[PDB]
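In this structure, BIIB021 is found bound to Heat shock protein HSP 90-alpha.
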Amino acid sequence: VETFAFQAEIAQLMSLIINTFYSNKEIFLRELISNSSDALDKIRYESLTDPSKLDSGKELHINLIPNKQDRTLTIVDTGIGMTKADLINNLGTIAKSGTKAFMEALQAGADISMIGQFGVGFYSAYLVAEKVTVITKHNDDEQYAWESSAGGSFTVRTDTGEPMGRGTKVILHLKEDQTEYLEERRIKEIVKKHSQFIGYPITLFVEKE
Ligand SMILES: COc1c(C)cnc(Cn2cnc3c(Cl)nc(N)nc32)c1C
């Protein structure tokens with residue numbers, strides 16, 4: 001297991017997200033779904049010029065999986081996935097500029113719900129999650145598990161779990177007071193409100209209870 005420091009700017013963003021009083025936490029789902037939609041668009045586009053990129057799975061979709069036993073909400077997609085380089089360096093690099101702009105915007109009167117406009121919507125996960133575990137598989141790279149409970153560090157390891165074929169699983173380990181996001185009717189409400197025109201099937205799994 002390798003342990004890495006976030007760049008200071010990203011640590012700062014995560015702190016702001018965790019510490020700021022902001023009631024409209026539900027926007028985290030829309031951001032993650034948007035991210036999944038963008039990853040699906042990317043693999044779809046690449047497949048037009050190299051069809052073998054779908055040898056790791058032709059189906060392009062999103063699954064939302066609540067688990068009350070584990071207190072997790074998992075957002076799964078069969079998008080392009082992330083390389084080791086994405087996890088350790090590239091995403092962080094890109095996020096530095098978006099973070100600065102977002103911070104500036106917040107000082108000028110913007111609110112947290114606008115985070116996606118700055119390309120750093122993933123970190124809104126921390127509105128509701130005490131820990132985020134990301135399982136990902138990109139073509140021509142290995143399956144990785146990234147994890148962070150914030151605090152300035154994250155880990156990356158090669159994943160020995162169920163092989164995914166291609167895609168990303170964002171596993172939200174929900175805060176004790178955020179378990180409404182495990183409830184079917186609440187997830188349906190939020191998807192209808194903020195994610196109604198996504199161009200891929202979104203399947204909301206039901207709890208076995
Ligand atoms: C490791 O966790 C992330 C970090 C630290 C920053 N951004 C994203 C969003 N993100 C970036 N590329 C992504 C792809 Cl291909 N797919 C999805 N679903 N989300 C992505 C993720 C998941």
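Counting begins at 1 with the first residue of the sequence. Going by what the header records, the deposited coordinates were determined by X-ray crystallography, 1.8 Å. FYI, side chains are in, hydrogens and waters are out, and symmetry mates aren't considered; it's all heavy atoms of this structure. Numbering of ligands and ligand atoms starts at 1, following listing order.
Within 4.0 Å of BIIB021 on heavy-atom distance sit the residues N35, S36, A39, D77, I80, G81, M82, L87, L91, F122, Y123, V134, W146, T168. Taking every heavy atom of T168 and a limit of under 4.0 angstrom, the matching atoms of BIIB021 come to 16 (N), 18 (N).
Per-residue contacts place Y123 under 4.0 angstrom from the following atoms of BIIB021 (heavy atoms of the residue considered): 5 (C), 6 (C). Residue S36 approaches BIIB021 through these ligand atoms, each under 4.0 Å from one of its heavy atoms: 18 (N). The closest protein non-hydrogen atom to atom 9 (C) of BIIB021 is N35 ND2, 3.6 Å. Here is the list of BIIB021 atoms found below 4.0 Å of a heavy atom in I80: 15 (Cl).
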